[PDB]
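I have placed the structure first, in the form of structure tokens, so that the comments after it can refer back to it.
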Number of protein chains: 4
Amino acid sequence: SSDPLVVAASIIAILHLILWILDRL
Amino acid sequence: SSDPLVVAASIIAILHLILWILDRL
Amino acid sequence: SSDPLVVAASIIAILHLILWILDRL
Amino acid sequence: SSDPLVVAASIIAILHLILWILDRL
Ligand SMILES: N[C@]12C[C@H]3C[C@H](C[C@H](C3)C1)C2
């Protein structure tokens, strides 16, 4: 398993790419 | 748990979304 | 090991650097 | 212990913030 602060920071990263891919889209 | 350079890069990522969110106000 | 969301976000980031060193190689 | 693709992914993270403290306030 990974640290929680880490799983958070990633979710923040994964959601960013989405809002990007919609902003662009 | 999770490797510390990986807790590092994270504290930076979260803190970054903070400064940014704040940058709008 | 490290959670999957983190191995996912990471692949993005490594693939992010990749899409750069090329866009400007 | 975090995945390697993840420990790597974060050197390029910690290496970004560095090029940054090296540019602006
Ligand atoms: N930008 C990221 C920092 C750290 C490593 C990787 C996954 C998470 C945690 C988000 C990219």
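Order of the sequence lines sets the chain letters (A, B, ...), proteins ahead of strands, with each chain counted from 1. Any value given below was found using the heavy atoms of this structure, including those in side chains, with hydrogens, waters and symmetry copies removed. As the structure lists them, so they are numbered: ligands from 1, and atoms in each ligand from 1.
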_Drug or drug candidate at ligand 1_ = amantadine
Count heavy-atom pairs within 4.5 Å of amantadine for each chain, then name the one with the most as the PDB entry does. Proton Channel protein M2, transmembrane segment
Give the letters of all other chains that come under 4.0 Å from amantadine at a heavy atom.
-> A, B, C, D
>> Could you walk me through which residues contact amantadine, taking a 4.0 Å heavy-atom cut-off?
In response: A:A9, A:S10, A:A13, B:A9, B:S10, C:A9, C:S10, D:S10
